[PDB]
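Heading - tobramycin complexed with Aminoglycoside N(6')-acetyltransferase type 1
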Amino acid sequence: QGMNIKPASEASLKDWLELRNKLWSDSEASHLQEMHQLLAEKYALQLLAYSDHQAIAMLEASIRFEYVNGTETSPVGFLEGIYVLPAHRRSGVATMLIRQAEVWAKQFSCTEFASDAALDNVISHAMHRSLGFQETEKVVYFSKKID
Amino acid sequence: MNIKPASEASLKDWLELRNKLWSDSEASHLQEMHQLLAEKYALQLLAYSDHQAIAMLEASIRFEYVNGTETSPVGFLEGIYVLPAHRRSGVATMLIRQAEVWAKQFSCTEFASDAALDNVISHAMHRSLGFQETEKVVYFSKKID
Ligand SMILES: NC[C@H]1O[C@H](O[C@H]2[C@H](O)[C@@H](O[C@H]3O[C@H](CO)[C@@H](O)[C@H](N)[C@H]3O)[C@H](N)C[C@@H]2N)[C@H](N)C[C@@H]1O
Ligand SMILES: NC[C@H]1O[C@H](O[C@H]2[C@H](O)[C@@H](O[C@H]3O[C@H](CO)[C@@H](O)[C@H](N)[C@H]3O)[C@H](N)C[C@@H]2N)[C@H](N)C[C@@H]1O
Ligand SMILES: [Cl-]
Ligand SMILES: [Cl-]
Ligand SMILES: [Cl-]
Ligand SMILES: [K+]
Ligand SMILES: [K+]
């Protein structure tokens, strides 16, 4: 319908920032430096969706060559994050973005698209299932300093 | 006891420990193992008691995003298997120590890992090995395809 999706760019950095920061909180300067890197990374995809003149959603994805939990192939496409403004969550925009993300990943001859979500974000689990993802594994991460 | 990297000569020693940890065909395991042997960013250690291989550890340097970490790249613990009769031996501590020395050659400052959510045994082990929990997540997949 009345929506369009385009890759993010320098012209749309402000739009992308607003949405990105609602998903992952950080300083503008930190987000912005990261976003410029992503623009120059061929294995990253960053899409915005518009309704009228308004940015309403964003998707970020990557191509992962390192092992991803739950997958059977490598490389795979990987959903790094998706955010749709609350008032626009009944528009199928998230489906439209994932579809375009899959077309992108196919260029790399990927056959699987993987993703993850925080264990307690059960709403996001429901959203993944609506987008056609099936749960593979639940895991707990650990870390330690060596230096 | 004796900890040494896997080699073309220890490939079967490695395989019959590896296949008890991760499910794959022998053919898939071996093709992967050969590649892993040549990869500078992949570690594979075996431990030997007398002359039996009684444990293995695999690790890597991960350059892509790792949940819960604060730096990148990072060392990453991919798996540890110990034969049941040696699980009270402390061999896993000795393997992890060596894996840290290995990761330090790259100026890594952080060593990460994960475990299945339902593998409470591995959770204890990670803590015993000096790791602290960071994040819990659920993975998903769909065919494109
Ligand atoms: N989308 C769901 C996922 O969100 C996060 O991962 C995501 C990270 O939070 C993202 O990191 C981003 O957000 C974090 C803060 O959360 C910033 O510090 C960082 N600079 C910024 O790039 C990173 N770029 C992508 C990664 N998939 C969770 N760690 C895991 C969760 O399943
Ligand atoms: N150590 C704990 C982890 O074990 C597995 O990950 C591990 C994977 O199972 C390992 O993959 C192995 O096992 C998978 C099957 O599980 C095979 O497809 C693959 N070819 C084979 O190499 C892969 N090479 C390393 C990865 N950390 C679990 N998916 C996650 C768990 O936290
Ligand atoms: Cl989440
Ligand atoms: Cl549901
Ligand atoms: Cl596990
Ligand atoms: K890009
Ligand atoms: K190696």
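Every chain is numbered from 1 and lettered A, B, ... according to where its sequence line falls, protein lines coming before strand lines. Worth knowing before you read on, the calculation uses all heavy atoms, side chains too, and leaves out hydrogens, waters and symmetry mates. Read the numbers this way: they start at 1 and go in the same order the structure lists the ligands and their atoms.
One finds tobramycin in this model at ligands 1 and 2.
In contact with tobramycin (ligand 1) at heavy-atom distances under 4.0 Å, by letter: A, B. The 4.0 Å heavy-atom shell around tobramycin (ligand 1) contains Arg20(A), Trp24(A), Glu34(A), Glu80(A), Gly81(A), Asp116(A), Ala117(A), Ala118(A), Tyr65(B), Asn67(B), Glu135(B). Within a 4.0 Å radius of atom 20 (N) of tobramycin (ligand 1), the protein has at least one heavy atom.
The single protein non-hydrogen atom nearest to atom 18 (O) of tobramycin (ligand 1) is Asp26(A) OD2, 4.0 Å, given as residue, atom name and distance. Less than 4.0 Å from tobramycin (ligand 1) sit the following other ligands and ions: ligand 3 (chloride ion).
Nearest protein heavy-atom neighbour of atom 29 (N) of tobramycin (ligand 1): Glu135(B) OE1, 2.7 Å. Shown in contact with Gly81(A) at under 4.0 Å from a heavy atom are these atoms of tobramycin (ligand 1), numbered in order with element: 1 (N).
Ranking the protein heavy atoms by distance from atom 27 (N) of tobramycin (ligand 1) puts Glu80(A) OE1, 2.7 Å first. For atom 8 (C) of tobramycin (ligand 1), the closest heavy atom belonging to the protein is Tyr65(B) OH, 3.6 Å.
By the 3.5 Å distance cut-off applied to N or O atoms, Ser25(A) is not counted among the residues near tobramycin (ligand 1). The dominant UniProt domain at the interface of chain A with tobramycin (ligand 1) is N-acetyltransferase.
Among the substrate-binding residues UniProt records for chain A, the set within 4.0 Å of tobramycin (ligand 1) by heavy-atom distance is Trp24(A), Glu80(A), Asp116(A). The single protein non-hydrogen atom nearest to atom 30 (C) of tobramycin (ligand 1) is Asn67(B) OD1, 3.3 Å, given as residue, atom name and distance. Among all protein heavy atoms, the one lying closest to atom 31 (C) of tobramycin (ligand 1) is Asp116(A) OD1, 3.6 Å.
Remark: minimum distance from atom 14 (C) of tobramycin (ligand 1) to any protein heavy atom is reached at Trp24(A) CB, 4.3 Å. In terms of N/O distances under 3.5 Å, tobramycin (ligand 1) is not approached by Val137(B). Atom 22 (O) of tobramycin (ligand 1) has its closest protein heavy atom at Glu34(A) OE1, 2.4 Å.
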